[PDB]
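Structure of interest - contains lumiracoxib.
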There are 4 protein chains.
Amino acid sequence: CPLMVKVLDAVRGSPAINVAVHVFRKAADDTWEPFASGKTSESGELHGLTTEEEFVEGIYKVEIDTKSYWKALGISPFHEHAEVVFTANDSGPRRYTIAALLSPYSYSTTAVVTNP
Amino acid sequence: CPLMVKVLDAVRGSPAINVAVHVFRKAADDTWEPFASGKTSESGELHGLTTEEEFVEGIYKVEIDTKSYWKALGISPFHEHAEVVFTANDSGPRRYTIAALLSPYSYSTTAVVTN
Amino acid sequence: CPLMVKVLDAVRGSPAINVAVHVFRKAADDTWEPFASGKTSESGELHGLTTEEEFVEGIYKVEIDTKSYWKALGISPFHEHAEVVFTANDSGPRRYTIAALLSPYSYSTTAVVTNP
Amino acid sequence: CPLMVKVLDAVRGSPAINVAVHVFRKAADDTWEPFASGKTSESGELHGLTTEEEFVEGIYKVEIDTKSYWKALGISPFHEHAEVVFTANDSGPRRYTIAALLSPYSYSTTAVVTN
Ligand SMILES: Cc1ccc(Nc2c(F)cccc2Cl)c(CC(=O)O)c1
Ligand SMILES: Cc1ccc(Nc2c(F)cccc2Cl)c(CC(=O)O)c1
């Protein structure tokens, strides 16, 4: 899969399971078009968001619903979400792994970008 | 100073200077209304973005133009920007420091909320 | 494997390949006994450091040679290494994934700890 | 103040206050010689660890007792401590800020090296 989102809970040192992830793609008129969405699995990984055909060049935004995640665990987090906005596939198709490492008042988002 | 944005360069171990930061308040129609912006100073800090009177509860987005910063340094960045979206809670009093640690393919943002 | 070390290069958005990783275990006399070592693979992952039999309770230190890594890429990094010191298996055997996210002047080390 | 340690709590979004920090200098026999220590203040910062005269080039270890901090808060931590090991380079002048962002199962440490 060309786009994978991984979410870790840095409080529990665990995959962040059942985290909603929405992917949007910036349309020609600069709106965010819904591109794909999903939930992280039991491994904190979200696979199959898209395909190599569908995942064309563009600016993509990945909004990870970190607030609902923290809230379901009784935590009032700082952020509404963890975002990742990036140009994808500018110099040809890549595999993107987006790793979000979550704490209630901090997150980090990293891209592991590999050439398939 | 109820809101202060601090930006660090994890590649050079330095303040990320001259980083454009835009703050938006979520408007009733779910759109982002420009609220404040600035450039990080020589200390990587952006003060005076807002005032206590202006900084009411609401959802705020802090957009840090991390891409232009990395471009200015000649390093290919992953992200278009860093985008900190949060609810100002105002169960107070509260100062917000938003620290963004910046690497070309990674960033962290942390809120240090005090007082 | 009960202990896995993953290393990512946050500058290149890539696995940090061929990174030396040394694992020590705190002996009875508070010295660090060499426990295991290895290199991260092409995926930035180091598997097979140890086994469930060998990986008994203890305090373990994982020293990731981040300096040699950065130096081989022409970068003078801040840290000599990325360390992780933790008590392992205190309430029974666990799987530990240690993820180190590396920048020349910053690193983050996260543990994904799962119950096998 | 050539060396300043700052510790943040990523769980509470606060300075990590009263965090024990030990600084060691690597001795010629490859062992760690205690050099300086302190507790983070109410601002999560530990100043006055050393002086310019004392802080010569060398390999330093900053041990942040993250475990006791998490215990004091009732949260099971992963790490025994956070351990920042680095060469003071002294191609100068140089101030070192070591920021440690602290989560129970994760920490980041960043050096902001200025001047
Ligand atoms: C290609 C890739 C890159 C990084 C990670 N892990 C990762 C990371 F990159 C940041 C924080 C936590 C974790 Cl687990 C992973 C998943 C893993 O560590 O097994 C895959
Ligand atoms: C020179 C310097 C560098 C970083 C920080 N803050 C900081 C922080 F407040 C949280 C996580 C990382 C960092 Cl580096 C600070 C303190 C601050 O203004 O928040 C100073």
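Chains are named by letter, beginning with A, in the same order as the sequence lines. All chain A residue numbers match the PDB entry; in order, they span 10-125. Following the PDB entry, chain B residues are numbered 10-124, in order. The numbering of chain C matches the PDB entry: 10-125, in order. By the numbers in the PDB entry, the shown part of chain D spans 10-124. We count ligands from 1, going down the list as the structure has it; atoms in each ligand are counted the same way.
This structure shows the largest set of contacts to lumiracoxib (ligand 1) coming from the chain UniProt labels Transthyretin. Other chains with one or more heavy atoms under 4.0 Å from any atom of lumiracoxib (ligand 1): A, C. Neighbouring residues of lumiracoxib (ligand 1) under 4.0 Å (non-hydrogen atoms) are A:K15, A:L17, A:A108, A:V121, C:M13, C:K15, C:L17, C:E54, C:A108. Proximity to C:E54 (heavy-atom distance under 4.0 Å) selects the following atoms of lumiracoxib (ligand 1): 19 (O). Near C:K15, meaning under 4.0 Å from any of its heavy atoms, are these atoms of lumiracoxib (ligand 1): 1 (C), 2 (C), 3 (C), 4 (C), 5 (C), 6 (N), 15 (C), 16 (C), 17 (C), 18 (O), 19 (O), 20 (C). The source species given by the entry for chain C is Homo sapiens. Of the residues that UniProt lists as binding L-thyroxine in chain C, those with a heavy atom under 4.0 Å from lumiracoxib (ligand 1) are the following: C:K15, C:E54. Distance cut-off 4.0 Å; other ligands and ions near lumiracoxib (ligand 1): none. For lumiracoxib (ligand 1), the atoms lying closer than 4.0 Å to a non-hydrogen atom of C:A108 are 12 (C), 13 (C), 14 (Cl).
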Pairs under 3.5 angstrom, nitrogen or oxygen on both sides, lumiracoxib (ligand 1) versus protein: list them out, please.
residue	atom	partner	partner atom	Å
lumiracoxib (ligand 1)	19 (O)	A:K15	NZ	3.3
lumiracoxib (ligand 1)	19 (O)	C:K15	NZ	3.3

